[PDB]
Undergrad: 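I'm sharing a structure that contains bemcentinib.
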Amino acid sequence: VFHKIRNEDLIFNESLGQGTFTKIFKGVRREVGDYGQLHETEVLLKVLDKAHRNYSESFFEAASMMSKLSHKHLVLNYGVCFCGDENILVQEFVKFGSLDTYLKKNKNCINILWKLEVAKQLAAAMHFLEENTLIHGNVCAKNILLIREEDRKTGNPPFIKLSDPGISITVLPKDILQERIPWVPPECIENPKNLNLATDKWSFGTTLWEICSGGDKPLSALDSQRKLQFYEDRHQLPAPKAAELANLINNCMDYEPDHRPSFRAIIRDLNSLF
Ligand SMILES: Nc1nc(Nc2ccc3c(c2)CC[C@@H](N2CCCC2)CC3)nn1-c1cc2c(nn1)-c1ccccc1CCC2
């Protein structure tokens with residue numbers, strides 16, 4: 001169940017981007033904090049498009065997952081607002097935004113150790129979800145948010161969080177699903193309504209490819225029908241320029257779901273790169 005926040009307390013500011021049938025804006029929330037102190041807190045405001053209110057339940061059940069669980073690497077949900085005849089989620093605002101944008105923007109300044117650390121944090125987050133038998137279903141660099149930059153003076157590493165998954169792939173139309181190849185695994189392309197836990201292991205491999213490819217989008221040059229043919233012909237992604245994680249990527253992107261390794265095994269593999 002969602003803590004109610006008032007339109008009177010929420011201020012809408014600039015657009016921050018788009019998701020599937022959603023728009024996000026930076027916001028300000030007036031609230032009473034610890035010790036009764038008044039705070040105007042930066043917040044993320046996610047709005048389901050009016051033309052697609054049909055997806056409100058999945059849109060809201062997506063965020064509910066992230067409230068029933070608490071973990072250092074999972075975005076917080078503050079609640080919802082009846083901010084007009086409109087369905088709106090109020091969430092944690094992450095200073096430095098999406099990882100895919102950050103990778104592009106700072107490809108020259110990011111080394112393999114920075115990439116390895118972020119991969120470990122994502123894997124730890126996914127391990128937590130696996131242990132709870134929860135399927136995220138939308139793991140991608142765009143949904144990974146940078147809380148904190150590396151501090152080269154002190155050697156302090158970056159810190160990331162995984163956002164909520166958004167509208168489930170089990171209800172999205174096929175044209176959107178195909179656009180999301182190769183994040184959407186092949187077994188979900190042939191039947192979206194049979195999502196298994198193994199889904200996130202495949203998408204984790206794809207996201208790992210983004211991390212090693214400095215923000216590039218794998219298979220962006222292929223249209224939807226060619227992305228389908230990519231799966232039909234059982235192709236694998238090419239080794240990213242930084243080929244350190246190529247074998248882990250292809251091991252996670254296994255066309256047999258049951259053969260994809262546990263996230264415990266993935267973490268030990270990431271640790272064993274030392
Ligand atoms: N929680 C959450 N904080 C935030 N801060 C955020 C958003 C945009 C920016 C920045 C921060 C940083 C500033 C700018 N430059 C300049 C310097 C650094 C980078 C970039 C702009 N973004 N963000 C989120 C983001 C998403 C979903 N959810 N949340 C999301 C989750 C599930 C489904 C769909 C979506 C919608 C899209 C992705």
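Numbers here are sequence positions counted from 1. Worth knowing before you read on, the calculation uses all heavy atoms, side chains too, and leaves out hydrogens, waters and symmetry mates. One-based numbering, in listed order, for ligands and for the atoms of each.
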Undergrad: Which chain accounts for the largest share of heavy-atom contacts with bemcentinib (ligand 1), under its name in the PDB entry?
TA: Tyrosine-protein kinase JAK2
Undergrad: Mind listing the residues near bemcentinib (ligand 1)? I'm using heavy atoms under 4.0 Å.
TA: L16, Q18, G19, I24, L44, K46, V75, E92, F93, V94, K95, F96, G97, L145, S163, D164, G166
Undergrad: Give the residue and atom name of whichever protein heavy atom lies nearest to atom 35 (C) of bemcentinib (ligand 1), and the separation in Å to one decimal.
TA: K46 CD, 4.2 Å
Undergrad: Polar contacts were defined as any N/O atom of the residue lying under 3.5 Å from an N/O atom of the ligand; does this apply to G166 and bemcentinib (ligand 1)?
TA: no
Undergrad: Could you list the atoms of bemcentinib (ligand 1) found under 4.0 angstrom from a heavy atom of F96?
TA: 12 (C), 18 (C), 19 (C)
Undergrad: Against heavy atoms of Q18, which atoms of bemcentinib (ligand 1) measure under 4.0 Å?
TA: 37 (C)
Undergrad: Within a distance of under 4.0 Å, is there any protein heavy atom near atom 15 (N) of bemcentinib (ligand 1)?
TA: no
Undergrad: Name the closest protein heavy atom to atom 9 (C) of bemcentinib (ligand 1), giving the residue it belongs to and the distance to 0.1 Å.
TA: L16 CD2, 4.0 Å
Undergrad: Ignoring hydrogens, tell whether any protein atom lies closer than 4.0 Å to atom 32 (C) of bemcentinib (ligand 1); use the non-hydrogen atoms only.
TA: yes
Undergrad: I'm curious, what organism does the PDB give for chain A?
TA: Homo sapiens
Undergrad: Protein heavy atoms near atom 37 (C) of bemcentinib (ligand 1), is at least one of them under 4.0 angstrom away?
TA: yes
Undergrad: Just jot down the bemcentinib (ligand 1) atoms closer than 4.0 angstrom to any heavy atom of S163, in number order.
TA: 31 (C), 32 (C)
Undergrad: Polar-atom distance check: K95 versus bemcentinib (ligand 1), any N or O pair below 3.5 Å?
TA: no
Undergrad: Which residue supplies the protein heavy atom nearest to atom 23 (N) of bemcentinib (ligand 1), what is that atom called, and how far is it?
TA: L145 CD1, 3.4 Å
Undergrad: How close does the nearest protein non-hydrogen atom get to atom 25 (C) of bemcentinib (ligand 1), and which residue and atom is it?
TA: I24 CD1, 3.7 Å
Undergrad: If you look at each N/O of bemcentinib (ligand 1), which protein N/O atoms lie under 3.5 Å away, and at what distance?
TA:
{"residue": "bemcentinib (ligand 1)", "atom": "1 (N)", "partner": "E92", "partner atom": "O", "Å": "3.0"}
{"residue": "bemcentinib (ligand 1)", "atom": "3 (N)", "partner": "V94", "partner atom": "N", "Å": "3.2"}
{"residue": "bemcentinib (ligand 1)", "atom": "5 (N)", "partner": "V94", "partner atom": "O", "Å": "3.0"}

